[PDB]
K.L.:
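Once you've had a glance at the structure underneath, I'll fire off some questions.
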Protein chains: 2
Amino acid sequence: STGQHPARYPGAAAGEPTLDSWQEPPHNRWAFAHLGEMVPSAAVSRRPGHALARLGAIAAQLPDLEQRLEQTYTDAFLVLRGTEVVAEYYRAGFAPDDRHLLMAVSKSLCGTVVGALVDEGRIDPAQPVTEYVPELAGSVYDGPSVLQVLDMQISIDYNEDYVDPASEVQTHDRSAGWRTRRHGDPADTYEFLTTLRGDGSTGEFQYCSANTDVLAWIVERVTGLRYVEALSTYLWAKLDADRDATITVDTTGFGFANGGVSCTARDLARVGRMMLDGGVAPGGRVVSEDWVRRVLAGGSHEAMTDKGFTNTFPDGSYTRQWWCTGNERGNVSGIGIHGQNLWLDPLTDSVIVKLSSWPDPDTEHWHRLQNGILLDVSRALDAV
Amino acid sequence: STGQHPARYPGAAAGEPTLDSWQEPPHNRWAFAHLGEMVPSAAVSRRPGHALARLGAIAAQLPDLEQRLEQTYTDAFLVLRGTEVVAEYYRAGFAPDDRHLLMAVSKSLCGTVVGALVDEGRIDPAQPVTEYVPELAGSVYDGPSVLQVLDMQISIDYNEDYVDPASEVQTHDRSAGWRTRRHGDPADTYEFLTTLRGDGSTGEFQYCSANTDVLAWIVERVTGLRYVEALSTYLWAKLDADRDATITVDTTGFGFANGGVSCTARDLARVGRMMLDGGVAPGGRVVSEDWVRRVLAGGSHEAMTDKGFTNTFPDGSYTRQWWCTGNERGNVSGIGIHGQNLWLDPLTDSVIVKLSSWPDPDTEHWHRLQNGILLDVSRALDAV
Ligand SMILES: NCCCCCC(=O)O
Ligand SMILES: NCCCCCC(=O)O
Ligand code: NA
Ligand code: NA
C-alpha cells in the first residue's frame, strides 16, 4: 500500500488507465489527447546533416574546442553569458531545437520544485519524510529528514551500478518502465521505493537516484498534483521556455524525477539563468533568494566522501540535488550520466549547458575530459 | 522472417534498440534524443478549464450546434472554408494546439503517402503486394494487388471487433504495443501481418486495419525510409503545419499506420485543404491531380456491402483509404473509431475536422448523430 497518488486525469481510479484500458471510457477522453504517455511514439516532422558550430568569441581562446566537444560525444552545447547566447554547438543530426535526455540533471530540477514548496511553507526540510509520506514507514526512509533526502545523506542498500543487471538501480529502471519488467518486480516506482532498506545511519553522502523519486513523491502529497504537472507549474511554465520539456512516466503516470526529463539546451540554460538571478524567472519567482544562496554555498564537506568527485574537487560537496565543486570559481552543476551538465559559473554570470552521449555512463576518463572543457570555457569568459 | 526494415537510426542492427538496450552505445546517441519512442512520456508544459466555442457564422443556422458537439463527445472541431477557419470548438481541458489521436483517419494519411509514391512511379497499384514485400508470400496478401489493399477488397480471416479480447484486432494491438503482450504473440507488426490468412477471394470490401500496415510496409520497402519518416517527407513536412504530428511505434520503431497518428485539428485540416487543392500543399505537390480525382470519384459501389455505411450512404464506396459517401454533395471522409472525421465538402471548398471520444468505438447511434452534424454543417456553408 503506497497511499493516495494524483489521478492520471480528473476522477480517474487508482492506476487508471493502463495499457490495456486506455481505449475504454471514461479513460479514452484523456488518453486520446495524451497517447504518448501510454504508448511509445515518434515525432512526424513538420520540417523538410552537418554539425552546427558557432563557438563565437571563446573560439579564439579555445581553437580546438569543437574537436574537444566531438571527443566527448557532445550532442548539444550552449553558453549563456548574462542573457545572451555567446556560443553554440550541435552535432550533425541534432537540431538546435531538438530535446535531449537530461539523466540526473533532472534531479536538480526536482530539487528546485521542492525548494519552491519550501518557500510556500508546504514543505519543512527539517521534518521526517514520513510526515509527508507515511507509507514509507518501515523503509530506509523511515527516520531521515527531507533535507537528508535533498542532500543524499542516507545510507541505503542500493547499488547504483547502471550496467550491473542485479543492482537495485536495474530494478528501479524496471519498476519505472525504463527496462523490461521481470516477474515479481514492484508494480510501480512508489512500491519500489518502499522496498528499500539501510542500516539506519545518516550524515554521509551516498548518491542514490531513489532519493529524488522520494522527493517527487513528497511533492505530490503536499500539492495533490502529478509530479509532471508540479514540475511545470512550479518551474517549467515560469521559464518562458521555447518548448515544453518531457518526462518519462511509469505505469501509474509518475514521472521519473531522478533522470527522465528531456528538453532543449537553450531551455535548460533558462534554469541556470534563474539560479543566477536569485531564483527569479520571467514568469515569476521560482525559489527564494535564500534557497539559491544555500545551493551556491554548498553542503557539508565532511559528508562528501565520493573520491570520484573529491579527487577533482577536494573541497566539493552536494546539497539540494546540486553538485558543488567548492573550487576557486564557486562552480556548481547539475550532472547526469553519459555527460550531461547544467554548469553554473557565477563569476561570469554564465551558464554552460552540455548534453552528451558518452558510450559509458560514468568513468574518470570522461569526467576528466568533460570537466576540463567546462572549466576552460568558464575561464575563457573571464574579463582580460 | 520479415526481411529488411529501415533501421531505427543510421547503422542500427535489426530491431535495435530495444527497451533493454537503448542506454547502451551506440544506441544511446539516438535514444537520448528520441526517448519518447522507447518509453511512455508526458509533456511538461511551458504554458501556465472551460470550452472554447467560436462557431462563427454557422452558429445562426445551427443554434444548438455546441450542445450537439457536446452530445457527440467532441474534443476538437474546426471548419475550414477555403483557406479561412470559419468555425472552431474545443472542449474544456483541450487546447486549440493540443494533439488528438486520429484512429483510422490515419489510414487516409497513409494512402496519401502511397499516392505520392505512385506519382513517382515507385509503386504500381496493379502489381501484387509480393512485388514489394516478397516476405508476404504464403499469407492472405500473396496474390492481391496493391490497389486491392488500397481499396480494402481482400477477404481476410480477421475480426475487427475492438472490444472483443479474442479477435485478430486485439492481437494486432498487442503486436504493435497498443495493448499488453501475451506469451506467443508475434514479435512486431510485420510478423503479425504474415500470420494473416483468407479464402483467397477478392473484389468485395472488407474493412481491415491490417491492410493499411501492409501499405506502410510497402512504403518502407520502396523508399528505404521508416514509415514515420516517409509520412513526414511525403506529407507532413509539405503542409506548413503548426506542429509535428506523432505516431505510435512498435518495438521495431514501425509506425502504427492504420490508426496511431495524432495531430492538431487545424493541422489535420491542412490535409483536407491539400485534397481540395488538387493534391498541392504549401510545401509542394503531395499527390497528383489524378489521384485526388480518383479519391473523389469513389470506388466500386458493388464492392461496398457494409450496411453500416450503405444504410446512410446507399451509393457509397471506399477507395485508396478514404470513405466515399456518394451522396448528392459528393462528400468524402477519412474516418476513425470513437468519432474521428476528416470530412471533405468540395461543393463549398470546405474541410470539416471533428475529433472526438465517443464512449463506444462504433455504433449506429453515434454515426447517426455525427453524420447529422457533418451534413448540417456542410449545408450551412452553401450559398443562400
Ligand atoms: N537509472 C537510470 C539513470 C538515472 C540517472 C542517473 C544519473 O544521471 O546519475
Ligand atoms: N486497433 C486500434 C484501432 C485502429 C483504428 C481503427 C479505426 O479507427 O477504424
Ligand atoms: Na526556496
Ligand atoms: Na498520386
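Chain letters run A, B, ... following the sequence lines, proteins first, then strands; residues in each count from 1. Whatever order the structure lists ligands and atoms in, that order sets their numbers, starting from 1.
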K.L.:
Which chain accounts for the largest share of heavy-atom contacts with ligand 2, under its name in the PDB entry?
P.N.:
6-aminohexanoate-dimer hydrolase
K.L.:
Of aminocaproic acid, phosphonoformic acid, carbachol, sevoflurane, which one sits at ligand 2?
P.N.:
aminocaproic acid
K.L.:
Okay, with a cut-off of 4.0 Å on heavy atoms, which other chains neighbour aminocaproic acid (ligand 2)?
P.N.:
B
K.L.:
Which residues define the site around aminocaproic acid (ligand 2) at a heavy-atom cut-off of 4.0 Å?
P.N.:
B:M103, B:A104, B:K107, B:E160, B:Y162, B:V169, B:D173, B:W178, B:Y207, B:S209, B:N258, B:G336, B:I337
K.L.:
Below 3.5 angstrom, do we get any N/O pair linking B:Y207 and aminocaproic acid (ligand 2)?
P.N.:
yes
K.L.:
Give yes if a backbone or side-chain nitrogen or oxygen of B:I337 is under 3.5 Å from a nitrogen or oxygen of aminocaproic acid (ligand 2), and no if not.
P.N.:
yes
K.L.:
Which organism is cited as the source of chain B in this PDB entry?
P.N.:
Flavobacterium
K.L.:
Test your reading of the structure: does B:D173 have an N or O sitting under 3.5 Å from an N or O of aminocaproic acid (ligand 2)?
P.N.:
yes
K.L.:
Are any of the N/O atoms on B:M103, whether in the backbone or the side chain, positioned under 3.5 angstrom from an N/O atom of aminocaproic acid (ligand 2)?
P.N.:
no
K.L.:
Going by the atom numbers of aminocaproic acid (ligand 2), which of them fall below 4.0 Å from some non-hydrogen atom of B:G336?
P.N.:
8 (O)
K.L.:
Which protein heavy atom lies closest to atom 5 (C) of aminocaproic acid (ligand 2), and at what distance to 0.1 Å?
P.N.:
B:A104 N, 3.8 Å
K.L.:
If you have a sec, work out which protein heavy atom is nearest atom 6 (C) of aminocaproic acid (ligand 2) and how many Å separate them, to one decimal?
P.N.:
B:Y162 OH, 3.4 Å
K.L.:
Which residue holds the protein heavy atom closest to atom 4 (C) of aminocaproic acid (ligand 2), what is that atom called, and what is the gap in Å?
P.N.:
B:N258 OD1, 3.3 Å
K.L.:
Give the numbers and elements of all aminocaproic acid (ligand 2) atoms closer than 4.0 Å to a heavy atom of B:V169.
P.N.:
1 (N)
K.L.:
Number the atoms of aminocaproic acid (ligand 2) from 1 as they appear, then name those within less than 4.0 Å of a heavy atom of B:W178, with their elements.
P.N.:
2 (C), 3 (C)
